[PDB]
Amino acid sequence: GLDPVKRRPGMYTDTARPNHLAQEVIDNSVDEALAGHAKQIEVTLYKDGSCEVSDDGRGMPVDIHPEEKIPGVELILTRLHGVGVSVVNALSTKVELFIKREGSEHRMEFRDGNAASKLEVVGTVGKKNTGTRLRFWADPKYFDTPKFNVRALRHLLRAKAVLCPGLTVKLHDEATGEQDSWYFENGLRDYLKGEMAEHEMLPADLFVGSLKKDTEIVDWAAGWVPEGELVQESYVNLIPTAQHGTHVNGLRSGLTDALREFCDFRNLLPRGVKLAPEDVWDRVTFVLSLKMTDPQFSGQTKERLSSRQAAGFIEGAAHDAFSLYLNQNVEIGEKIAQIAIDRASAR
Ligand SMILES: CO[C@@H]1[C@@H](OC(N)=O)[C@@H](O)[C@H](Oc2ccc3c(O)c(NC(=O)c4ccc(O)c(CC=C(C)C)c4)c(=O)oc3c2C)OC1(C)C
């Protein structure tokens, strides 16, 4: 039942505004992209206060539950991250979805969380034309305001394109008429490269790496920027960790050890000078994406990754990869080392 959600909405979403509800719907479309089924996601914010999310994924199954004898889509919508789309339906005066699947376009409507129609066959489409679109009308009585924080949504949607290479994410704000489109073929590297295009850095095209250990998967892009504002973003299962944490500590620790060993072999350290992790990390710009099973968060807001396992995993990945890179790019390596050494010497 959805009654519990209606009684205490604050326990299932952020009642400040409907942004979180939109996130839930967006996440479901992103899963299709992460699974390699969707390549396009469009979000529309309407003047009537509703929000729609459309994707070209497989589309929600349009079959009937043998026991419940009702559409599988109905069970999903009638029965913070990963709370489920049912929460969106429960806190909306109306929800309308269109599903393109198996050569047909289907429609279903809900009102105040209850089915307001049957699963209707409303169109015929090509076999390859599939996807889901869900539009919801948040019930203002549950939120301080029905208005969306568009800026926060822009940042979040861009992250999806960054974290899922090849995915095109669009946003359309009907109130203003403003449109946005994000796409990053390479993912992390293209995004970081574009965000730092105004400053000179080492490597010029960044230092990239990745490692998969059957459950743990890490991806990163980093560079040293002598002058300029640094971009520093980390994620765990697509969840942004504003306070970074154990995964970032691993990256930092691993790049530091590689650089220190490099300075040792090349004998670049001035008399009595030793590199401290802060010397190496001070001018670093990066984007880090970790994927692990059941991550644990710490901090007064759970915006920091606490999983100790993640530290050792990434440290080993960054250590081995950066050592390899430095040893095959000596000049670039010595310039990076010098940036860190200049800090150490300046102390
Ligand atoms: C809110 O629905 C979300 C989806 O939302 C979006 N935007 O696509 C998406 O996040 C994901 O969608 C899935 C998740 C799993 C399968 C999946 O396992 C499929 N393969 C099947 O063989 C299948 C075919 C019919 C059927 O009733 C079921 C069981 C239904 C499930 C597991 C939801 C599975 C399939 O064709 O489509 C799938 C789809 C579209 O999971 C949902 C349904 C909770």
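FYI, the numbering just counts along the sequence from 1. What's counted below: heavy atoms across the whole structure, side chains too, no hydrogens, waters or symmetry copies. One-based numbering, in listed order, for ligands and for the atoms of each.
- For ligand 1, the recorded drug is novobiocin.
- Here, the main chain in contact with novobiocin is recorded in the PDB entry as Topoisomerase IV subunit B.
- Distance screen at 4.0 Å: atom 6 (C) of novobiocin has a protein heavy-atom neighbour inside the cut-off.
- For atom 25 (C) of novobiocin, the protein comes within 4.0 Å by at least one heavy atom.
- Protein heavy atoms are absent from the 4.0 Å sphere centred on atom 29 (C) of novobiocin.
- Below 4.0 Å from some heavy atom of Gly59 lie the following atoms of novobiocin, by number and element: 40 (C).
- The protein non-hydrogen atom at the shortest distance from atom 2 (O) of novobiocin is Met60 CE, 3.4 Å.
- Checking atom 37 (O) of novobiocin against the protein gives a heavy-atom contact under 4.0 Å.
- Ranking protein heavy atoms by distance to atom 9 (C) of novobiocin, first place goes to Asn28 O, 3.4 Å.
- Protein non-hydrogen atoms do not reach within 4.0 Å of atom 22 (O) of novobiocin.
- Annotation for novobiocin: atoms under 4.0 Å from non-hydrogen atoms of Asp63 are 25 (C), 26 (C), 27 (O).
- For atom 17 (C) of novobiocin, the nearest protein heavy atom (residue, atom name, distance) is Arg58 NH1, 3.6 Å.
- Contact annotation for atom 32 (C) of novobiocin: protein absent (non-hydrogen atoms, distance under 4.0 Å).
- Distance from atom 43 (C) of novobiocin to its nearest protein heavy atom, with residue and atom name: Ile76 CD1, 3.9 Å.
- Counting the atoms of novobiocin from 1 in the order shown, those under 4.0 Å from a heavy atom of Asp55 are 6 (C), 7 (N), 8 (O).
- Of the protein's heavy atoms, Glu32 CG, 3.3 Å lies nearest to atom 8 (O) of novobiocin.
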